[PDB]
Every structure is written in C-alpha cells, then in structure tokens.
Peer 1: 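Please read through the structure below; I'll follow up with questions.
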Amino acid sequence: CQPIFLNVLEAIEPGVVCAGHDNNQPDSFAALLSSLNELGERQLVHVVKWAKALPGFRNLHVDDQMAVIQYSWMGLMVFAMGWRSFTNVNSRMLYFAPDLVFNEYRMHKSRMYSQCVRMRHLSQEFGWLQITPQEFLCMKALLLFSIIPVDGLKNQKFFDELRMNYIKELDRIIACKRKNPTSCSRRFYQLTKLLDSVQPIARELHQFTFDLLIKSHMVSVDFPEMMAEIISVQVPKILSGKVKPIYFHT
Amino acid sequence: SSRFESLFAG
Ligand SMILES: C[C@]12CCC(=O)C[C@@H]1CC[C@@H]1[C@@H]2CC[C@]2(C)[C@@H](O)CC[C@@H]12
C-alpha cells in the first residue's frame, strides 16, 4: 500500500529559508531582532504555500484557512526551527536559518534568553524521544490545527473533521511498526506531550514580539509591514484569551 | 488582514 498522506507531506515540505542577516557586523539587539522579523516574514510566505497544499485544507471555509495560519504560525515555525536545530547541529545552537544561528551569547543579546533555552530544550527532545522524520512532518501539520477562537470558526465542523483526520494519520504512523496497542499508546502520550509543550513557548514569544512591536521605534527594531499587521491584529486575540490553543493534556 | 490576505490570495 502507498503512504499517500506521508508522500504529500514530504513533497510539500518547504526548503531552506535565509534571513539575510549580516554576520560580519558585531551582534546587536536591534540587528538580531530585525533579522528574526525578516526571517519571520520570509517563512510566512512558505508557510502559506505549504498550508494551502495540505491534504483537505481546502475543505475549510476560506476565512478559516486564513485564520488558522495567522494564529498558528509561531508554533509552526518554532517547531520546525527546533527540528532544524536537532538535525543540523545536534541542538548545540538554535538554527533559525543557515545565516542566523544562535549560540548562547546571541540568546542573551536577543533579550529572550529564557525563551531560547526552552526552544533549545524542545530541540533536544527530538533526539531524546527519537522523533522520526515522518512523525515530525505529521506533528507539524497537526500544529496548524491546534489553536482556535472561543467564538468559533466560520465552519467549525469542517475544521473539527480535518483535525480528527490528522490525528488519525498520526495514529497510523505510530502503528506502522508497532503491533502492540500498549506500545502505540505510550508513543501517542509522548508525542502529544511534546506537541503541548510548543504552546507555552509560542505564548511567551507572542508576548515578547507584541511588546517589542509596541516599543519598536524606541529600540530601532524593524518589523516588516505584514508582520506588524499580524502581531497587532491577530496576536492580541491570543494574548487576550479570545483565541486559545487546543491542549491534549491539562 | 489586508496584507496577509493579499499574500494568501497569491
Ligand atoms: C518565528 C521566528 C522566525 C522563524 C523561526 O525559525 C522561529 C523564530 C522564533 C522567534 C520569532 C521569529 C520571528 C520574529 C519574532 C516574532 C520576534 O519579533 C520575537 C520572536 C521572534
């Protein structure tokens, strides 16, 4: 039998995205954050192309298609960055981009050291849990469907159906080489715990970027127009509790 | 929003 679902996820996975950072200049808070913001915008372009090509994504109302991307991009990007960090440098540094790698000095200079260490821990877990490339792909897709509005989406039913199907695919990937139900259960527990761990990190980053945008003119940090829009219009909905992550565990 | 919507639309 052909692994149709996984074939698609591998086929649509975005390639390498560079930040455009000048590594020849001494590190500075303004330059590092301005580059992270530019990287955010560049990756968002790829996240949109990727999301729109996901199995069943078109089943969603168009307004919901746009909403889920605008609410989940932080978690999606952090998860992918953690995977890059693990695969490329064994979690020794945060591999935001080939031209924007953070050692501890840069983590400190960025003024979000605590968040960076939590992301480094996330990266390490990909190794400790022996996450396979296929589990990574399925989990990342699930992250796109893990944050929704309290007031409900345009067509909440279509979204619930799609999320359920992605969870089913994750079950299938776990069962592939596991014949015992207990072994599958243990793996599902591990993976859902890992997925949940992305949310608190994403919220801390949402808070940090929101505060940074508000005082950006005072610290010389540049925000691309689109990022400024999303962080001032969508992110506050999350921070004010109107849009919340779907946790597997409490 | 507008900027994102335009991106999303292509
Ligand atoms: C999503 C990005 C950029 C893409 C990535 O690899 C993960 C990383 C996590 C920190 C984000 C950054 C984009 C710009 C932000 C939002 C800064 O304003 C503060 C936190 C930064």
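Convention: sequence-line order gives letters A, B, ...; per-chain numbering from 1. All ligand and atom numbering here is 1-based and tracks the order in the structure. Going by what the header records, the deposited coordinates were determined by X-ray crystallography, 1.4 Å. Just so you know, these numbers use all the heavy atoms, side chains as well, and skip hydrogens, waters and symmetry mates.
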Peer 1: Help me out: which of acetohexamide, setiptiline, dihydrotestosterone, thalidomide, famotidine goes with ligand 1?
Peer 2: dihydrotestosterone
Peer 1: Which chain makes more heavy-atom contacts with dihydrotestosterone (ligand 1) than any other chain, name per UniProt?
Peer 2: Androgen receptor
Peer 1: Quick one: other chains with a heavy atom closer than 4.0 Å to dihydrotestosterone (ligand 1), which letters?
Peer 2: A
Peer 1: Quick check on A:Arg84 - does any of its heavy atoms sit under 4.0 Å from an atom of dihydrotestosterone (ligand 1)?
Peer 2: yes
Peer 1: Against dihydrotestosterone (ligand 1), which UniProt domain of chain A provides the most contacting residues?
Peer 2: NR LBD
Peer 1: With a cut-off of 4.0 Å, which atoms of dihydrotestosterone (ligand 1) are near a heavy atom of A:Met81?
Peer 2: 6 (O)
Peer 1: Can you name the atoms of dihydrotestosterone (ligand 1), numbered from 1 with element, that are less than 4.0 Å from a heavy atom of A:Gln43?
Peer 2: 4 (C), 5 (C), 6 (O)
Peer 1: Below 4.0 Å, non-hydrogen atoms only: which portion of A:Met74 touches dihydrotestosterone (ligand 1)? Side chain, backbone, both or neither.
Peer 2: side chain
Peer 1: Tell me which UniProt 17beta-hydroxy-5alpha-androstan-3-one-binding residues of chain A have a non-hydrogen atom under 4.0 Å from dihydrotestosterone (ligand 1).
Peer 2: A:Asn37, A:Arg84, A:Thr209
Peer 1: Is atom 2 (C) of dihydrotestosterone (ligand 1) touching the protein, meaning some protein heavy atom lies under 4.0 Å away?
Peer 2: no
Peer 1: Quick one: which of A:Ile201, A:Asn37, A:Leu94, A:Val17 has a heavy atom closest to atom 17 (C) of dihydrotestosterone (ligand 1)?
Peer 2: A:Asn37
Peer 1: Closer than 4.0 Å to some heavy atom of A:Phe208 - which atoms of dihydrotestosterone (ligand 1) meet that?
Peer 2: 19 (C)
Peer 1: Counting only heavy atoms on the protein side, is anything nearer than 4.0 Å to atom 5 (C) of dihydrotestosterone (ligand 1)?
Peer 2: yes
Peer 1: For atom 7 (C) of dihydrotestosterone (ligand 1), which candidate among A:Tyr95, A:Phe102, A:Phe96 holds the nearest heavy atom?
Peer 2: A:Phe96
Peer 1: Hey, quick one: what organism does the entry say chain A comes from?
Peer 2: Pan troglodytes
Peer 1: Give, by chain and number, every residue with a heavy atom within 4.0 Å of dihydrotestosterone (ligand 1).
Peer 2: A:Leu33, A:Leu36, A:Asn37, A:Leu39, A:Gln43, A:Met74, A:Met77, A:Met81, A:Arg84, A:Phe96, A:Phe208, A:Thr209, A:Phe223
Peer 1: Where does dihydrotestosterone (ligand 1) get N/O contacts under 3.5 Å from the protein, atom by atom?
Peer 2:
unit_1, atom_1, unit_2, atom_2, d
dihydrotestosterone (ligand 1), 6 (O), A:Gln43, OE1, 3.3
dihydrotestosterone (ligand 1), 6 (O), A:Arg84, NH2, 3.0
dihydrotestosterone (ligand 1), 18 (O), A:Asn37, OD1, 2.7
dihydrotestosterone (ligand 1), 18 (O), A:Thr209, OG1, 2.7

